[PDB]
Student: 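Okay, here's the structure, questions in a sec.
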Amino acid sequence: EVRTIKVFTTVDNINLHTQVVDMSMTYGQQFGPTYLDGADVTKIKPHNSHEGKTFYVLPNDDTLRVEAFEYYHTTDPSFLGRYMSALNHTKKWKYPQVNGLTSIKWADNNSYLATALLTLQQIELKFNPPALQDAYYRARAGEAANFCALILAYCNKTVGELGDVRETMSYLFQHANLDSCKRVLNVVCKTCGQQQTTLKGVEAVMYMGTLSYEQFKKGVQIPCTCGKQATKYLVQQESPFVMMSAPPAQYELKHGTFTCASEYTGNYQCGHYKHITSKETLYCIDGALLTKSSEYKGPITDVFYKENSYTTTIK
Ligand SMILES: CC#CCn1c(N2CCC[C@@H](N)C2)nc2c1c(=O)n(Cc1nc(C)c3ccccc3n1)c(=O)n2C
């Protein structure tokens, strides 16, 4: 016989689209790659247990091509599957409230996410893909599966993959409004004609090489091309935060001196991030785990500091 239920496809889960689907044929046969709340259903045949429901689909047509662009800000042919494949595990994670931040209960090596995520609920960033806008907001409200799958999709990391906090933040920064952000640097050797540079946007809020912000304020000897070693020093900073990164190295975090940091313990192959946040005292957040002390020595990779406006006084 002939049987057909009605369902809606969507790329953004806001704009729906009426379809009537033949209950013999798989969704793969009708819409192509299709997903139900993360589940690949391309090869399942429609249950009447599905009438009224929203499947995500690959952006096959132009209507879809434009909704997906406007919501996500990408045209990566693969973005959508990546986002559903990741959502299909993120939906099953636990996002506990830990000291009033949303964290993630450790699974599938999401250590780097929990710390990235905890960093966000802590610094002033505004996302440009409405997708992130929307998903972040639920995440703050402690509903974070979507935000997580979204980060996975924007980073081309699949659930399980080993990820790096720095690179992760590079990706989210790319999709965040930091135009007004402005860094001016100068690098002086003792006998050179000391060259200066100006950095704008993301390039202005990330530095790789030292954890210490005040250190960078005072000068950092760098592998320069002079006759001696040259000091790199920060001339001017315009931004709502800065991020200092560097390879994992034993470092001490002092209450009241930073906003937060990332500890990486292990090696390239095997290791674990943790997040330290400066509040009434030092709190160390490790997924669902919480500990406290007053001072913290340990192998740090990333330290973030609140900022707005800084002129150096060094001549
Ligand atoms: C709302 C809004 C907005 C503006 N916008 C648009 N469009 C395209 C058509 C649809 C319409 N929504 C406007 N696409 C965008 C952005 C945007 O801000 N960022 C973040 C970004 N990206 C980069 C590369 C940055 C670089 C430096 C500083 C900040 C930056 N911020 C993006 O990544 N993409 C892809």
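Numbers in chain A track the PDB entry; the residues on display, in order, are 1-315. Below, all heavy atoms of this structure are taken into account, side chains as well, without hydrogens, waters or symmetry copies. Whatever order the structure lists ligands and atoms in, that order sets their numbers, starting from 1.
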Student: According to the PDB, which drug is present at ligand 1?
Tutor: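 The drug there is linagliptin.
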Student: At the binding site of linagliptin, which chain contributes the most contacts (name from the PDB entry)?
Tutor: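 By the greatest number of contacts, it's Non-structural protein 3.
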Student: Which UniProt domain name applies to the region of chain A with most contacts to linagliptin?
Tutor: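 According to UniProt, mainly Peptidase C16.
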Student: Any idea what organism chain A is from, going by the entry?
Tutor: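 The deposit names Severe acute respiratory syndrome coronavirus 2.
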Student: Which residues lie close to linagliptin, i.e. with a heavy atom under 4.0 Å?
Tutor: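 On a heavy-atom basis, the binding site is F69, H73, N128, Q174, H175, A176, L178, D179.
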